[PDB]
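Structure containing salicylic acid.
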Amino acid sequence: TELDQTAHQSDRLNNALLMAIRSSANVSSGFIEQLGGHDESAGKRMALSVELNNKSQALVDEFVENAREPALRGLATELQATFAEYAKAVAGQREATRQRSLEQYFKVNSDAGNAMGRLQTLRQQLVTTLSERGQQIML
Amino acid sequence: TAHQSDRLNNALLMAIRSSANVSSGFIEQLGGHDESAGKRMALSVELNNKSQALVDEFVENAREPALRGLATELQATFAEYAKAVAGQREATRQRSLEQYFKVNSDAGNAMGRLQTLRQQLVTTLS
Ligand SMILES: O=C(O)c1ccccc1O
């Protein structure tokens, strides 16, 4: 049944990164809605961005708990540390939205992109490692 | 089955990055970063073309009747998302905040459905 446990680890990964990117999509589009005077819609996107990054970090933390094989743990905790960096930058984008400052938005939008670029590469290496472990069981 | 999951997961990650880039690009236009906004727009076009190609490969390789209806639903829902993101791009080229807001709800709801659709598709891929 360790076979179906590598699939749960892979789905936690894919869901975490998808929601992590959806959260940045919500703050940027919410920032635009705010500049158009759509305060209510912008507030809902801020809340959705909070909820998505919290859900993603919960999956990430569940991911590193169940990653016990050392061929997997080395990439797992770098994914957690990189994500905490990504989460703070998106949180910085949200406070710039509430403050209506393009200045603060550009200040941390480069941080979010850098951490997201490393998150996507870390997912690729982790997905390959999980797929390799699952295949190792069938042979 | 491994190629289908890679197509599905990469298609969705690239589709959401295509949207995040046009919103980023729109914000750069508001700040006077016209050259940097053009680079976000081009990357959004490319991510959309690549994710559309993966969705097409996925649907063609999803023949087992347990997946045929779910694959077609993914295709149509993905079409709704891409159309909205294309509307985000055209609202950006016309520098219209109101046109951006109109299509933003269509993109958010479609991607919320794609998130649940992808989960159901990979459990049927087991
Ligand atoms: O994924 C979302 O929730 C979303 C929201 C607004 C715009 C584009 C999007 O993908």
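Residue numbering restarts at 1 for every chain, and letters A, B, ... go by the order of the sequence lines. For the numbers below, each heavy atom of this structure counts, side chains included, while hydrogens, waters and symmetry mates do not. How was it done? The header gives X-ray crystallography, 2.3 Å. Counting starts at 1 for both ligands and their atoms, in listed order.
Every copy of salicylic acid included, the relevant parts of the model are ligand 1. This structure shows the largest set of contacts to salicylic acid (ligand 1) coming from the chain UniProt labels Methyl-accepting chemotaxis protein PcaY. By chain letter, those with a heavy atom nearer than 4.0 Å to salicylic acid (ligand 1) are A, B. By the criterion of a heavy-atom distance under 4.0 Å, neither the backbone nor the side chain of A:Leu52 is placed next to salicylic acid (ligand 1).
Taking every heavy atom of B:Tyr81 and a limit of under 4.0 angstrom, the matching atoms of salicylic acid (ligand 1) come to 10 (O). Numbered from 1 in the order shown, with element, the atoms of salicylic acid (ligand 1) that lie under 4.0 Å from a heavy atom of B:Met111 read 1 (O), 10 (O). Regarding atom 8 (C) of salicylic acid (ligand 1), its nearest protein heavy-atom neighbour is B:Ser19 OG, 3.4 Å. With a cut-off of 4.0 Å on heavy-atom distance, the UniProt-listed L-quinate-binding residues of chain B close to salicylic acid (ligand 1) are: B:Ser19, B:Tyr81, B:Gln88, B:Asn104.
The closest protein non-hydrogen atom to atom 1 (O) of salicylic acid (ligand 1) is A:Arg22 NE, 2.8 Å. Geometrically, salicylic acid (ligand 1) and B:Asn104 share no nitrogen or oxygen pair separated by less than 3.5 Å. Under a 4.0 Å criterion applied to the non-hydrogen atoms of A:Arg45, salicylic acid (ligand 1) contributes the atoms 5 (C), 6 (C). Looking at atom 6 (C) of salicylic acid (ligand 1), its nearest protein heavy atom turns out to be A:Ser29 OG, 3.6 Å.
UniProt lists residues of chain B as binding benzoate; of these, a heavy atom under 4.0 Å from salicylic acid (ligand 1) occurs in none. Nearest protein heavy-atom neighbour of atom 4 (C) of salicylic acid (ligand 1): B:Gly108 CA, 3.6 Å.
Remark: salicylic acid (ligand 1) and B:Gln88 share no N or O pair separated by less than 3.5 Å (distance only, no angle test). Put simply, no part of B:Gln115 is less than 4.0 Å from salicylic acid (ligand 1), judged by heavy atoms.
If you number the atoms of salicylic acid (ligand 1) from 1 as listed, the ones under 4.0 Å from a heavy atom of B:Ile16 come out as 1 (O), 10 (O). Binding site of salicylic acid (ligand 1) at 4.0 Å (heavy atoms): A:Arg22, A:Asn26, A:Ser29, A:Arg45, A:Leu48, B:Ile16, B:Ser19, B:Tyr81, B:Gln88, B:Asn104, B:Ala107, B:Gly108, B:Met111.
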